[PDB]
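Positions are given from 1 along the sequence. Just so you know, ligand 1 is whichever comes first in the structure, and atom 1 is the first atom listed for that ligand. Recorded method is X-ray crystallography, 1.8 Å. These numbers come from the heavy atoms of this one structure, side chains and all, not from hydrogens, waters or symmetry mates.
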Amino acid sequence: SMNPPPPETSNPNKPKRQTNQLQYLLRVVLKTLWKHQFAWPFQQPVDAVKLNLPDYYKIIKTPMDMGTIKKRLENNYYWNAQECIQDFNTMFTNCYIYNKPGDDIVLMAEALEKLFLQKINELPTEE
Ligand SMILES: CC[C@@H]1C(=O)N(C)c2cnc(Nc3ccc(C(=O)N[C@H]4CC[C@H](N5CCN(CC6CC6)CC5)CC4)cc3OC)nc2N1C(C)C
């Protein structure tokens, strides 16, 4: 099996805007997670071919990763902060679907999610 194409990161047929929440999501949330020790498995789409995991995309039908999220933010792909937050949560949830609780990768994801939730609790105000 091939990899699927990666998630779309730009779309000129969607209106675009910058908001202080979206800016915060890039400059604080993404930045903070990205530089974490355990960020690396989540910085790009899962290359199931390289990892020789033919079952990964048989079960994960909404893949998501921070590389994609970062590009989406950089390309003003999101109109609402909640769209971006949903992408992070999808990424975490995917990990908790494919992998056994307590596995290495799950502990890693959990560490990131804790930091994620901490930064989101500090999200600035709408406008
Ligand atoms: C899939 C199931 C499960 C799961 O749920 N997730 C999310 C998951 C995700 N990922 C992995 N693995 C890997 C991930 C990544 C790599 C990599 O090579 N990463 C490299 C990417 C290129 C990097 N860079 C360095 C600087 N370059 C340019 C800068 C200098 C200018 C840019 C290029 C260096 C690091 C290797 C992996 O494994 C060998 N496993 C996963 N697991 C399991 C297998 C448990």
Participant: For ligand 1 in this structure, which bound macromolecule has the most atom pairs within 4.5 Å, going by UniProt?
Facilitator: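 Per UniProt, the chief partner is Bromodomain-containing protein 4.
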Participant: How do PDB records name the drug found at ligand 1?
Facilitator: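 That's volasertib.
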Participant: Protein heavy atoms near atom 7 (C) of volasertib, is at least one of them under 4.0 angstrom away?
Facilitator: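 So atom 7 (C) of volasertib has protein heavy-atom neighbours under 4.0 Å.
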Participant: Under a 4.0 Å heavy-atom limit, does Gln44 contact volasertib with its side chain, its backbone, both, or neither?
Facilitator: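 Side chain only; the backbone of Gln44 stays clear of volasertib.
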Participant: Provide, to 0.1 Å, the distance between atom 5 (O) of volasertib and the closest protein heavy atom, together with that atom's residue and name.
Facilitator: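 Atom 5 (O) of volasertib sits closest to the protein heavy atom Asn99 ND2, 2.9 Å.
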Participant: Note the single closest protein heavy atom to atom 37 (C) of volasertib, along with its residue, its atom name and the distance in Å.
Facilitator: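 Of the protein heavy atoms, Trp40 CZ3, 3.6 Å lies nearest.
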Participant: Establish whether atom 19 (N) of volasertib and some protein heavy atom are separated by less than 4.0 angstrom.
Facilitator: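 False for atom 19 (N) of volasertib.
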Participant: Mind checking which UniProt domain of chain A carries most of the contacts with volasertib?
Facilitator: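 Most contacts come from the UniProt domain Bromo 1.
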Participant: Less than 4.0 Å between atom 31 (C) of volasertib and some protein heavy atom, yes or no?
Facilitator: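 When distances to the protein are checked, atom 31 (C) of volasertib has no heavy atom within 4.0 Å.
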Participant: For atom 38 (O) of volasertib, what is the nearest protein heavy atom, given as residue, atom name and distance?
Facilitator: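 Protein heavy atom at minimum distance: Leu51 CD2, 3.3 Å.
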Participant: For volasertib, which atoms sit closer than 4.0 Å to a heavy atom of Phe42?
Facilitator: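 Every atom of volasertib under 4.0 Å from some heavy atom of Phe42: 7 (C).
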Participant: For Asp104, which part has a heavy atom under 4.0 Å from volasertib: side chain, backbone, both, or neither?
Facilitator: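 No part of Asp104 comes within reach of volasertib.
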Participant: Quick check: what organism does the entry name for chain A?
Facilitator: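 It's listed in the entry as Homo sapiens.
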Participant: So, for atom 22 (C) of volasertib, does the protein have a heavy atom nearer than 4.0 Å?
Facilitator: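 No, no protein heavy atom sits under 4.0 Å from atom 22 (C) of volasertib.
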Participant: So if I count the atoms of volasertib from 1 in the order they appear, which ones are less than 4.0 Å from some heavy atom of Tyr98?
Facilitator: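 Matching atoms, with element in brackets: 2 (C).
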Participant: Tell me: protein heavy atom nearest atom 10 (N) of volasertib, and distance?
Facilitator: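 Looking only at protein heavy atoms, the one closest to atom 10 (N) of volasertib is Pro41 O, 3.5 Å.
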Participant: Looking at non-hydrogen atoms alone, which of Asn52, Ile105, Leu53 comes nearest to atom 44 (C) of volasertib?
Facilitator: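 Heavy atom nearest to atom 44 (C) of volasertib belongs to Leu53.
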Participant: Heavy-atom contacts under 4.0 Å between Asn94 and volasertib: side chain, backbone, both, or neither?
Facilitator: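 The answer is neither.
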Participant: Closer than 4.0 Å and a protein heavy atom, does any atom meet both conditions relative to atom 35 (C) of volasertib?
Facilitator: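 No, there is none.
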Participant: Please check if a non-hydrogen protein atom sits closer than 4.0 Å to atom 26 (C) of volasertib.
Facilitator: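 Looking at atom 26 (C) of volasertib, one finds that no protein heavy atom lies closer than 4.0 Å.
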Participant: Among all the protein's heavy atoms, is there at least one whose distance to atom 14 (C) of volasertib comes out below 4.0 Å?
Facilitator: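 So atom 14 (C) of volasertib has protein heavy-atom neighbours under 4.0 Å.
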Participant: Okay, next thing: residues with a heavy atom within 4.0 Å of volasertib - which are they?
Facilitator: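 Residues with a heavy atom in range: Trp40, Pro41, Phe42, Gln44, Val46, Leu51, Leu53, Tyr56, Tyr98, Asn99, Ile105.
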Participant: Contacts table for volasertib: protein N or O within a distance under 3.5 Å of ligand N or O, distances only.
Facilitator:
residue    : atom  : partner : partner atom : Å
volasertib : 5 (O) : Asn99   : ND2          : 2.9

